[PDB]
Number of protein chains: 2
Amino acid sequence: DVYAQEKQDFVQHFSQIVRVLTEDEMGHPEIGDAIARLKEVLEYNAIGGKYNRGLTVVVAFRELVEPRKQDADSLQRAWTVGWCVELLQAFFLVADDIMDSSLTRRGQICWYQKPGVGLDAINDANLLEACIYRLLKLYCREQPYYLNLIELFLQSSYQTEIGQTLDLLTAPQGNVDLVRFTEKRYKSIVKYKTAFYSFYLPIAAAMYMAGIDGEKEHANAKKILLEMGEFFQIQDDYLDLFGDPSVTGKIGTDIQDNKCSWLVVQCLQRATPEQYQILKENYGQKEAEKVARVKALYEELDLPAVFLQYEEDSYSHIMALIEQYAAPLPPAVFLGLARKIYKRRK
Amino acid sequence: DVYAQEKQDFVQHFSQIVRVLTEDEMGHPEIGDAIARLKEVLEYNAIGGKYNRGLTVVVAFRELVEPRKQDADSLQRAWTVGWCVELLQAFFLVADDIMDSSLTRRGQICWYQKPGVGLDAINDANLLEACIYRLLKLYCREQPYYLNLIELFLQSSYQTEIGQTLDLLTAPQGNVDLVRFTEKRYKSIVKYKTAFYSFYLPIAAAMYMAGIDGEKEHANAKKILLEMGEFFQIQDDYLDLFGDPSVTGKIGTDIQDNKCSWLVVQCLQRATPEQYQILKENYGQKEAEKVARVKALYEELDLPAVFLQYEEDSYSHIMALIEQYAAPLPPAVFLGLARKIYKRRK
Ligand SMILES: NCCC(O)(P(=O)(O)O)P(=O)(O)O
Ligand SMILES: NCCC(O)(P(=O)(O)O)P(=O)(O)O
Ligand SMILES: [Mn+2]
Ligand SMILES: [Mn+2]
Ligand SMILES: [Mn+2]
Ligand SMILES: [Mn+2]
Ligand SMILES: [Mn+2]
Ligand SMILES: [Mn+2]
C-alpha cells in the first residue's frame with residue numbers, strides 16, 4: 001500500500017540510473033560498446049522483480065526524514081540508493097543462477113542461459129556490483145553518510161558471500177549426507193546469505209541517510225530484521241518446491257542441487273527411519289522420478305501444513321520484536337516491510 | 001633487485017593477512033566452515049605468482065615516504081595494501097580463467113578446474129574481492145588516505161571490468177570476424193583490462209599512503225603507467241603463444257578463444273590477401289591442427305621479430321615518458337617497475 005504508491009516513482013527513476021551510468025563514462029567513446037553491454041545487462045537483470053528491497057530504502061527514508069528535509073535532491077538520492085540495493089540483488093542473483101544451475105528467474109530465462117551470454121555473465125555480474133559504487137559517488141559523494149553507505153554495502157556483500165559459501169559447502173553435488181542438514185546450520189546459512197542484504201541493508205541505508213547512525217539503534221533494528229530475513233528465506237525454500245512457477249518466476253532446484261532447504265531439515269526431523277532411507281536415496285539427483293519421490297515424502301509428512309503454521313507463529317514473533325525494538329523508529333517502518341512479505345507467493 | 005630484497009618480508013606477511021582475515025570473523029563459530037574455505041581459496045589463488053603488483057606498492061612506498069615516517073606500523077599497512085592489490089589480482093584471475101576456459105595458472109590447475117570446485121569458483125572470487133575491503137578497514141580505517149584507497153580500488157575494478165567486457169565483446173565464440181581486430185580496439189581493451197589495475201593501482205595506492213594525493217601528480221604518474229601497462233599486455237599476448245608453459249605457468253588460449261590479441265592485430269596488418277584467408281579460416285577454433293596453422297602464419301610473417309623490436313622501441317619510449325613525467329617523484333620508482341617487466345618470460 002505504501003510500497004504501492006512509491007513503486008511508480010521508483011521504477012521510473014530507473015531511466016535516469018541508466019542514463020547517468022551510461023553517460024558519465026561515454027565521454028570516453030572507446031568503451032562505448034562496453035557501456036552498451038552495461039545498459040543491456042542492467043535492463044535484463046535489474047528489471048522485472050518486486051523491488052521490495054529498493055522500495056524499502058525509499059519507503060523507510062520518508063518515515064525517518066522530516067518532511068521539510070525531503071527535498072527534490074534528497075529524494076533523488078533515496079531512489080538511487082534504493083536502486084543500488086536492487087543492483088546488489090542483481091549482482092548476486094546473476095552469479096547464483098549460474099552456481100545453482102537455474103533455468104529461469106523473474107519469468108524469463110536466466111542471463112547466463114541466454115544464447116551468446118554464458119559464463120560472460122560472470123563479468124556482467126561483477127559490473128552490476130561496480131555500478132553500486134559509481135552511483136554512490138555520483139549522488140552521495142558530498143553527503144555526510146557517504147562513507148557509512150559504502151561500508152554498509154561492502155560489509156553486506158561480504159556477509160551474503162560468506163552466506164553463499166556456507167550454502168555451497170553444505171550442498172556438494174553428488175555428495176548426499178542428510179546428517180549435515182541441521183537446524184543450526186540452516187539458521188546460520190540464511191542469516192548470512194539473505195537476512196543481511198535483504199532486510200538490514202535497505203533499512204540501515206535509509207537510517208544512515210536520515211542521520212540515524214547510532215550503534216545501538218542499528219543493533220536494535222537488526223534484531224528485528226534478521227528475524228524477518230530468516231522467515232523470508234524459509235518462505236523462499238517453501239515456494240521453491242510448492243509455489244507456482246507462473247508466479248514465483250523461477251523453477252525450483254533445491255532437491256536436485258542437494259540444498260540444505262528448510263523442508264529438508266523439517267523432513268529429517270519428522271522422518272521415520274524408513275522415510276529417511278527414501279530421502280537418503282532420492283535427494284540431490286537430476287532424475288525427475290526421484291525428485292517427486294522426495295516431494296511426495298514432504299506432502300506425506302505434511303510439510304505444507306507445518307510451513308503454514310510456522311508462518312503464523314513466526315509472524316506473531318516478529319510482531320513482538322517490533323513491539324520490543326522498533327523505538328525510537330516508527331513501527332510503520334517494520335510493519336510495512338512485514339506486511340509485504342506475509343503470505344507472499346512470489 | 002629492490003623487488004628482490006622486499007620479496008621475503010612481503011610474502012611472509014601473508015600468514016598475518018590470513019591470520020587476521022580468518023580470526024576477526026571467527027568470533028562467530030557458525031561461519032567457521034566458510035572461513036576455512038576462505039583460507040583455502042586464499043592460499044591457492046593469492047600464492048604462487050611474482051607479486052610484482054603488491055611489491056610495487058611496498059617498493060614505491062619506501063621511495064615516497066621519508067625514512068622517519070616508515071615506522072613498524074606504517075610499514076605493516078604498506079604490506080597489507082600490497083596484498084590487497086594481490087587479492088584484486090586473484091579475484092580477476094579466478095573469474096577470468098573460467099571465462100577464458102583456461103587449463104592452468106601459475107603452474108597448477110585453475111581453481112575452477114580443481115575437482116569439487118567448479119562454478120563455485122565464482123563465489124570464491126567475489127570473496128577474494130571482499131577481503132580487500134575488510135583489510136582496508138582493519139588496517140587503514142583511521143588513516144587520512146582511507147577513503148582514497150577505497151575509491152581507488154573500486155574505480156580500478158570498474159575499469160578492468162569495463163576492460164573485460166570489451167575483451168569479451170570483441171571475441172565472441174564461434175564468431176570469427178577479423179575485421180574487428182583493429183589497433184584502436186586493441187589499445188582500448190588493454191588500457192582498461194590491464195593498465196589501470198596492474199600499474200596505476202599499486203603506484204597510486206603508495207602515493208596516497210605517502211600523502212601525495214594531488215590530481216596533477218596522479219595524472220602524470222598515470223601517463224607513464226598506462227604506457228607500461230600496454231607494453232605489459234602486449235608482452236603477455238606474445239608469451240601466450242610463443243612463451244614456454246613451464247615458465248609462464250599457463251597454457252595459452254588466445255587463438256582458440258578468438259581473442260583480439262596483439263599478434264592477431266599485427267598479423268592482419270602484414271597479411272597478404274591469401275594469408276588473410278588462412279587466418280580467417282583457422283582462428284577461434286579448438287582444433288589443434290588449425291591453431292598451429294595460425295601460429296605458423298605468425299612465424300611466417302615474422303611476428304616474433306616484430307615483437308622483439310616493439311619491446312625495444314617501447315622500452316625507450318617509456319623511458320622518455322619517465323624523463324618527462326617522473327618529477328617530483330623519484331625516477332627510481334618507475335625505473336624499478338620498468339626493469340622488472342623488461343624481457344620477462346613469465
Ligand atoms: N536470495 C538468495 C537467492 C535464492 O533465494 P533464489 O530462489 O535463487 O531466489 P537461493 O534459494 O539460492 O538462496
Ligand atoms: N591481466 C589479464 C589476464 C590475462 O593476461 P591471462 O594470460 O589470463 O594472465 P588475459 O590474457 O585474459 O588478459
Ligand atoms: Mn543459492
Ligand atoms: Mn538460487
Ligand atoms: Mn530459493
Ligand atoms: Mn581474459
Ligand atoms: Mn585469460
Ligand atoms: Mn593472456
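Letters go in sequence order (proteins before strands), and every chain restarts at 1. What's counted below: heavy atoms across the whole structure, side chains too, no hydrogens, waters or symmetry copies. Counting convention: from 1, in listed order, for ligands and their atoms alike.
What sits at ligand 1 is the drug pamidronate. In this structure the chain with most contacts to pamidronate (ligand 1) is the one UniProt names Farnesyl pyrophosphate synthase.
Other chains with one or more heavy atoms under 4.0 Å from any atom of pamidronate (ligand 1): A. Near pamidronate (ligand 1), within 4.0 Å on a heavy-atom basis, the structure shows A/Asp96, A/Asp100, A/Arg105, A/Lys193, A/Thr194, A/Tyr197, A/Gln233, A/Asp236, A/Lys250.
Residue, atom and distance of the protein heavy atom nearest to atom 5 (O) of pamidronate (ligand 1) are A/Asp236 OD2, 2.7 Å. With a cut-off of 4.0 Å on heavy-atom distance, the UniProt-listed Mg(2+)-binding residues of chain A close to pamidronate (ligand 1) are: A/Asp96, A/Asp100. Neighbours of pamidronate (ligand 1) among the ligands and ions, at a cut-off of 4.0 Å: ligand 3 (manganese (II) ion), ligand 4 (manganese (II) ion), ligand 5 (manganese (II) ion). Scanning the protein heavy atoms around atom 13 (O) of pamidronate (ligand 1), the nearest turns out to be A/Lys193 NZ, 2.8 Å. Checked against UniProt, the dimethylallyl diphosphate-binding residues of chain A with a heavy atom under 4.0 Å from pamidronate (ligand 1) turn out to be: A/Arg105, A/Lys193, A/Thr194, A/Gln233, A/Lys250. Residue, atom and distance of the protein heavy atom nearest to atom 7 (O) of pamidronate (ligand 1) are A/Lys250 NZ, 2.7 Å. Closest to atom 1 (N) of pamidronate (ligand 1), if we only count protein heavy atoms, is A/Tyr197 OH, 3.0 Å.
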What does the contact table look like for pamidronate (ligand 1) (nitrogen or oxygen on each side, cut-off under 3.5 Å)?
| residue | atom | partner | partner atom | Å |
| --- | --- | --- | --- | --- |
| pamidronate (ligand 1) | 1 (N) | A/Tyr197 | OH | 3.0 |
| pamidronate (ligand 1) | 5 (O) | A/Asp236 | OD2 | 2.7 |
| pamidronate (ligand 1) | 7 (O) | A/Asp236 | OD2 | 3.3 |
| pamidronate (ligand 1) | 7 (O) | A/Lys250 | NZ | 2.7 |
| pamidronate (ligand 1) | 8 (O) | A/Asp96 | OD2 | 3.1 |
| pamidronate (ligand 1) | 8 (O) | A/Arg105 | NH2 | 3.0 |
| pamidronate (ligand 1) | 9 (O) | A/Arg105 | NH1 | 2.7 |
| pamidronate (ligand 1) | 9 (O) | A/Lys250 | NZ | 2.7 |
| pamidronate (ligand 1) | 11 (O) | A/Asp236 | OD2 | 3.4 |
| pamidronate (ligand 1) | 12 (O) | A/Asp96 | OD2 | 3.2 |
| pamidronate (ligand 1) | 12 (O) | A/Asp100 | OD2 | 3.1 |
| pamidronate (ligand 1) | 13 (O) | A/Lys193 | NZ | 2.8 |
| pamidronate (ligand 1) | 13 (O) | A/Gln233 | NE2 | 3.3 |

